[PDB]
Structures are given as structure tokens and as C-alpha cells.
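Reading through the C-alpha cells given below for one structure.
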Number of protein chains: 2
Amino acid sequence: XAXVXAXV
Amino acid sequence: XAXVXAXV
DNA sequence: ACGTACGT
DNA sequence: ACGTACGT
Ligand SMILES: *C(=O)c1cnc2ccccc2n1
Ligand SMILES: *C(=O)c1cnc2ccccc2n1
Ligand SMILES: *C(=O)c1cnc2ccccc2n1
Ligand SMILES: *C(=O)c1cnc2ccccc2n1
Ligand SMILES: [Mg+2]
Ligand SMILES: [Mg+2]
């Protein structure tokens, strides 16, 4: 759920 | 030389 | 001359 | 329910 490298 | 994850 | 960064 | 981010 977090987006720091994928954002899902 | 750049540091964006290792910085060497 | 190498690896850091998050939760829904 | 998954991967992005740089050059000395
Ligand atoms: C986001 O909160 C989140 C949490 N756990 C995960 C596990 C695997 C892929 C995506 C994820 N996203
Ligand atoms: C993004 O590509 C990415 C990859 N691995 C991680 C690990 C822990 C926190 C954040 C991350 N983001
Ligand atoms: C920094 O400018 C730089 C450039 N190329 C590299 C290759 C391998 C490890 C470290 C590096 N750092
Ligand atoms: C840092 O851990 C890291 C890893 N791979 C990269 C690829 C391209 C640009 C920056 C990067 N930084
Ligand atoms: Mg460490
Ligand atoms: Mg891409």
C-alpha cells in the first residue's frame, strides 16, 4: 500500500 | 559517486 | 568505488 | 497487492 519503489 | 541507495 | 527506500 | 532511485 505504501509508495516509496512500487506503489500498490 | 552518487548517493541516491549506496553513496560511494 | 555500490546499494536504500514501505505499508494498505 | 510490489518494486525505484545515480554518478564519481
Ligand atoms: C501495502 O501496504 C502493501 C503491503 N504488503 C504488500 C506485500 C506484497 C506486495 C504489495 C504490498 N503492498
Ligand atoms: C521499491 O522499489 C522498494 C523496494 N523494496 C523496498 C523495501 C523496503 C521498503 C521500501 C521498498 N521499496
Ligand atoms: C559513482 O559515481 C559511481 C559510479 N559507478 C560505480 C560503479 C560501481 C560502484 C560504484 C559506482 N559509483
Ligand atoms: C541504491 O541502493 C540504488 C540501487 N540501484 C540504483 C540504480 C539506479 C540508480 C540508483 C540506484 N540506487
Ligand atoms: Mg544497512
Ligand atoms: Mg519501469
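Residue numbering restarts at 1 for every chain, and letters A, B, ... go by the order of the sequence lines. Just so you know, these numbers use all the heavy atoms, side chains as well, and skip hydrogens, waters and symmetry mates. According to its header, the structure was obtained by X-ray crystallography, 1.5 Å. Modified residues are abbreviated to their parent or X; only parent atoms count in contacts.
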* Can you identify the drug molecule modeled at chain B? -> echinomycin
* Tell me the other chains with a heavy atom below 4.5 Å from any atom of echinomycin (chain B). => C, D
